[PDB]
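Sequential numbering from 1 along the given sequence is applied to the chain's residues. Just so it is clear, the values below take in all heavy atoms, side chains as well, and ignore hydrogens, waters and symmetry mates. First listed ligand is number 1; within each ligand, the first listed atom is number 1.
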Amino acid sequence: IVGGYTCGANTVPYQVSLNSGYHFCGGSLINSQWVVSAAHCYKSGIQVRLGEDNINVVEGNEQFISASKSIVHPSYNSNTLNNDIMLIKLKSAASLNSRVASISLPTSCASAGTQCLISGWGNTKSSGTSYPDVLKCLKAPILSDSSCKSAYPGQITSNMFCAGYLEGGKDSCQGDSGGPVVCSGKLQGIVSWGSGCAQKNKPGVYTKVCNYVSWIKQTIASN
Ligand SMILES: N=C(N)c1ccc(/N=N/Nc2ccc(C(=N)N)cc2)cc1
Ligand SMILES: [Ca+2]
């Protein structure tokens, strides 16, 4: 997260770190057994790390639970990043309370203008690289589809939305991928892609979670 702020330990209780020997992506806990992340975060041998603030220090609220399976969206296209969504099932149910909590799936797609909270342990620099230890947060509005498409001609599908700031300076970034965009207490987005980070007129592009609720629910119901 570029131009964000330190969330505060466990203030984003549904934020998970996907770990394969190191943090490589974010994810969002959507029930005790399931995490939503970006399909482009897919890899085998994922350990989901919940309860985590400083990802480099055991601070006492972590739950580390290996994935038992991952399910990449049937229509995920890694070239276009269309349908950049996956589900990761935990081998065991996470223990839920205030510091580790699922985030509700949306009942309806959020609108351009809605403020959201985007979070992750990704790069905090637009130029060069600095990875934070602790979870970073960014409040960012959903951008209109038109501005999103204008920013990224020929690239924005109905399964994507832009959020952030056209002026740049504030954005998700590499390592935030797969993490949440939560708006009004609902997971509306998944950190998906963008051209660099916090660049002018290159806002973050997010998987439009509301499009996937049926798929998420039915997948969970049968897996
Ligand atoms: N909001 C941003 N600017 C932004 C946020 C996250 C981000 N990271 N994604 N990285 C990323 C890495 C690999 C793939 C792939 N295997 N095809 C896709 C995307 C890149 C840009
Ligand atoms: Ca930790």
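- Tallying contacts with ligand 1, the largest count belongs to the chain named in UniProt as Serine protease 1.
- At ligand 1, of promazine, diminazene, mazindol, nortriptyline, the drug present is diminazene.
- The entry gives the source of chain A as Bos taurus.
- Contacts between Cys173 and diminazene (ligand 1) below 4.0 angstrom, taking non-hydrogen atoms only, involve the backbone exclusively.
- In chain A, diminazene (ligand 1) lies within 4.0 Å of these UniProt substrate-binding residues, judged by heavy atoms: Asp171, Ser172, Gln174, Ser177.
- Residue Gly194 has at least one heavy-atom neighbour below 4.0 Å for each of these atoms of diminazene (ligand 1): 2 (C), 3 (N), 4 (C), 20 (C), 21 (C).
- For atom 17 (N) of diminazene (ligand 1), the closest heavy atom belonging to the protein is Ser78 O, 3.6 Å.
- At least one heavy atom of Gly196 sits less than 4.0 Å from an atom of diminazene (ligand 1).
- When heavy-atom distances are rounded to 1 Å, the UniProt active-site residue of chain A nearest diminazene (ligand 1) turns out to be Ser177, 3 Å.
- Of the heavy atoms in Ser177, only side-chain atoms (C-beta onward) come closer than 4.0 Å to diminazene (ligand 1).
- Looking at diminazene (ligand 1), you won't find any N or O of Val205 less than 3.5 Å from one of its N or O atoms.
- An N or O contact shorter than 3.5 Å is missing between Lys202 and diminazene (ligand 1) by distance.
- Between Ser195 and diminazene (ligand 1), a contact under 3.5 Å exists for no N or O pair.
- Atoms of diminazene (ligand 1) lying under 4.0 Å from at least one heavy atom of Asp171, given by number and element, are 1 (N), 2 (C), 3 (N).
- With a heavy-atom cut-off of 4.0 Å, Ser192 touches diminazene (ligand 1) through its backbone alone.
- Residues of chain A contacting diminazene (ligand 1) are concentrated in UniProt domain Peptidase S1.
- Looking at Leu81 against diminazene (ligand 1), only its side chain comes within 4.0 Å, counting heavy atoms.
- At a 4.0 Å heavy-atom cut-off, diminazene (ligand 1) does not touch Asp176 at all.
- For diminazene (ligand 1), the heavy-atom contacts closer than 4.0 Å come from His40, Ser78, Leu81, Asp171, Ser172, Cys173, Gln174, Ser177, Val191, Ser192, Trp193, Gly194, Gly196, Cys197, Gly204, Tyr206.
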